[PDB]
Undergrad: 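I have a PDB entry of ensitrelvir bound to 3C-like proteinase nsp5; a few questions follow.
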There are 2 protein chains.
Amino acid sequence: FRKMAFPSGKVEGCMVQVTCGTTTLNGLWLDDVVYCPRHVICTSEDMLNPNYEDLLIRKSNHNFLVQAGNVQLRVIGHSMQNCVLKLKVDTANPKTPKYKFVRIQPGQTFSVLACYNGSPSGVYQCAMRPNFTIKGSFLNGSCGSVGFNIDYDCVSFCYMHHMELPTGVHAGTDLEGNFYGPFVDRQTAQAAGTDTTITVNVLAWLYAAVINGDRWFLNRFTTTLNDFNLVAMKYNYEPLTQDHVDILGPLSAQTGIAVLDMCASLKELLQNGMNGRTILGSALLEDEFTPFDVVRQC
Amino acid sequence: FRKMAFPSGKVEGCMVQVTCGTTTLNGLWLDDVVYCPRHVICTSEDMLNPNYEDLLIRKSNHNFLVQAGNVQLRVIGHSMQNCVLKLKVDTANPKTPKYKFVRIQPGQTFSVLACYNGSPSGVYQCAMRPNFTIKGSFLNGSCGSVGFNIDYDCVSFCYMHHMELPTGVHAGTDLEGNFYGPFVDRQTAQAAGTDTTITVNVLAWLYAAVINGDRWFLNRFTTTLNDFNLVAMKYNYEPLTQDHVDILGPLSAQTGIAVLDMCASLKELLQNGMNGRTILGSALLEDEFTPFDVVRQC
Ligand SMILES: Cn1cnc(Cn2c(=O)nc(Nc3cc4cn(C)nc4cc3Cl)n(Cc3cc(F)c(F)cc3F)c2=O)n1
Ligand SMILES: Cn1cnc(Cn2c(=O)nc(Nc3cc4cn(C)nc4cc3Cl)n(Cc3cc(F)c(F)cc3F)c2=O)n1
């Protein structure tokens, strides 16, 4: 098993460049609106402690250079929604897919189309960490790149990239401009909270192991969810939610292994280690494959 | 530092479904020609031991059903080039990108657009193994999926997927229909030669590790190129050539770590193991990033 991204074509056709003065980043063109980080309105001297309200009042439509490739899109309206700028343009994007805006939970995965100057450059799968960062791969110029899932030709946009943190992890917003985590769009040092292991995804990976016949870790025990959650936190593992139990349903049904029985097998692995035995050819327990990812690849 | 694929939109626009009787798989539609594995002309019985020239002479254009999404493309000519069938259709693909067909060499990487019944499903990065297999992620229905690289809006197609071997690795052809490796397009158990590790790629990845702050494996030991290659060969690593050393030049300059100095680090890793430590989060030495892949991502 390896990480696989969604085909990126439906998002590639929406990527544009947005420039304000010399400040430049990526934007997302859906119907007749371009969405982008409001940080674009900052000059170099504004980036440290921007007053976005004061910065926006000084701007008019004609101060925004929006380009699809070399082709300018004329801006006919602008507004700010939390940390995203919405630029109304005079042309509806003919490549607009069916889409929605969603806000994801930690542990959920998504594909990232990394872009530079409005030009798509690469695609890879990412997971939202419990500390609301993502361990992405981004260079300078990537601000405004988006993350997404595709379900039955509908693109669910979930992430817009804003910044890199001092630890090298990445932070951003949903497409309504609300940050994941306790971050602000200022060029100031912001540390991520202490991270934890995504339990629901480790469990998904154990189910993937069982589906593939690697099942030595299945023990003869069960547990309650509450008991498991209390032990999990002692090992820096996330507690499971009721939604987590439910999204493990399909894998539990496919394998005949009750979710709480798998929890008991994982608890044994936390309290005793793996004894130099491997699971799916890996000595480490993978935590960036969701239950949906497992059924998708198997 | 992530495994990163090229944006797949230019290739998505070219995927179609090809069917002959009950047999169906993916094709690549460029201008007025659809390219697909010639295995599509086999019945269940033919697959086990096909005489392809015999099977093809017994086919007419009307025996080929090509579907592009909802629309059927009329076949007006057909021919065979090695293991690839070329179907002339009465319609040019308006989404045809600038493209070339290239045959890649062991160790080089490419993006795979995995498709099922003509519909793109996922994108990920692969390497051509020294034994001319690829460790892909492919399911039933993926026959005809292609691998590619993109340079300045030109798609270089390098791989067309044919089959999964008993070990779970994958085998295929270039777009002229010539297999990579000693395989044949027949449904019979086929083994590959013993694989080796792509040394220049391991070194590139070690540089990626240093660039991203992971330095524990460095040492003050030295080695000559020949003495490194003696140890590498002992451990079933491919030889490192002076061309490889030259290609690693930019990463040596960026990090200030001489190539032969990084060879001395790798030598110790081969001889001592990783002592339970990880590099870029991996417990094993990763060999599917080329030097160009590392430079581009870093
Ligand atoms: C290495 N890396 C990894 N991810 C990132 C993302 N990123 C970015 O692409 N750009 C940023 N600052 C800008 C500088 C500009 C210079 N010009 C001429 N134009 C520019 C546009 C931008 Cl956005 N930043 C920093 C950053 C961006 C924010 F949106 C924010 F709220 C705070 C920040 F500190 C950045 O992280 N780079
Ligand atoms: C698990 N897996 C991973 N990769 C693959 C690729 N693959 C494939 O997709 N299909 C194959 N056989 C077919 C059966 C069909 C049944 N119908 C109704 N239509 C079919 C079409 C195909 Cl192609 N194979 C097997 C295979 C395909 C070849 F092209 C070949 F030369 C030898 C082979 F043994 C397959 O490997 N499956």
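As listed: the chains are lettered in turn, A, B, ..., one for each sequence line. The PDB entry numbering applies to chain A: residues 3-300, in that order. Residues displayed in chain B correspond, in order, to the PDB entry positions 3-300. Atoms within a ligand are numbered from 1 in the order they appear, just like the ligands themselves. These numbers come from the heavy atoms of this one structure, side chains and all, not from hydrogens, waters or symmetry mates.
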Undergrad: Counting duplicates, which ligands or chains stand for ensitrelvir?
TA: ligands 1 and 2
Undergrad: Return the chain letters whose heavy atoms come under 4.0 Å from ensitrelvir (ligand 1), other chains only.
TA: A
Undergrad: Provide the residues lining ensitrelvir (ligand 1) within 4.0 Å, heavy atoms only.
TA: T24(A), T25(A), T26(A), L27(A), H41(A), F140(A), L141(A), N142(A), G143(A), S144(A), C145(A), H163(A), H164(A), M165(A), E166(A), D187(A), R188(A), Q189(A)
Undergrad: Report, in ascending order of atom number, the atoms of ensitrelvir (ligand 1) lying under 4.0 Å from any heavy atom of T25(A).
TA: 19 (N), 20 (C), 21 (C)
Undergrad: N/O of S144(A) under 3.5 Å from N/O of ensitrelvir (ligand 1), yes or no?
TA: yes
Undergrad: Which atom of which residue carries a covalent bond to ensitrelvir (ligand 1), or is there none?
TA: none
Undergrad: Which other ligands or ions, by number and name, fall under 4.0 Å from ensitrelvir (ligand 1)?
TA: none
Undergrad: Give the UniProt domain of chain A with the most residues touching ensitrelvir (ligand 1).
TA: Peptidase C30
Undergrad: Do you know the source organism the PDB entry gives for chain A?
TA: Severe acute respiratory syndrome coronavirus 2
Undergrad: Only heavy atoms of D187(A), strictly under 4.0 Å: list the atoms of ensitrelvir (ligand 1) that pass.
TA: 31 (F)
Undergrad: Test your reading of the structure: does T26(A) have an N or O sitting under 3.5 Å from an N or O of ensitrelvir (ligand 1)?
TA: yes
Undergrad: Okay, next thing: which UniProt active-site residue in chain A is closest to ensitrelvir (ligand 1), and how far, heavy atom to heavy atom, to 1 Å?
TA: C145(A), 3 Å
Undergrad: Within ensitrelvir (ligand 1), which atoms have a heavy atom of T24(A) less than 4.0 Å away?
TA: 17 (N), 18 (C), 19 (N)
Undergrad: Considering the heavy atoms of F140(A), write down every atom of ensitrelvir (ligand 1) situated less than 4.0 Å from one of them.
TA: 1 (C), 2 (N), 3 (C), 4 (N)
Undergrad: Quick check: does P39(A) get an N/O under 3.5 Å from an N/O on ensitrelvir (ligand 1)?
TA: no
Undergrad: Any nitrogen or oxygen of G143(A), main chain or side chain, under 3.5 Å from a nitrogen or oxygen of ensitrelvir (ligand 1)?
TA: yes
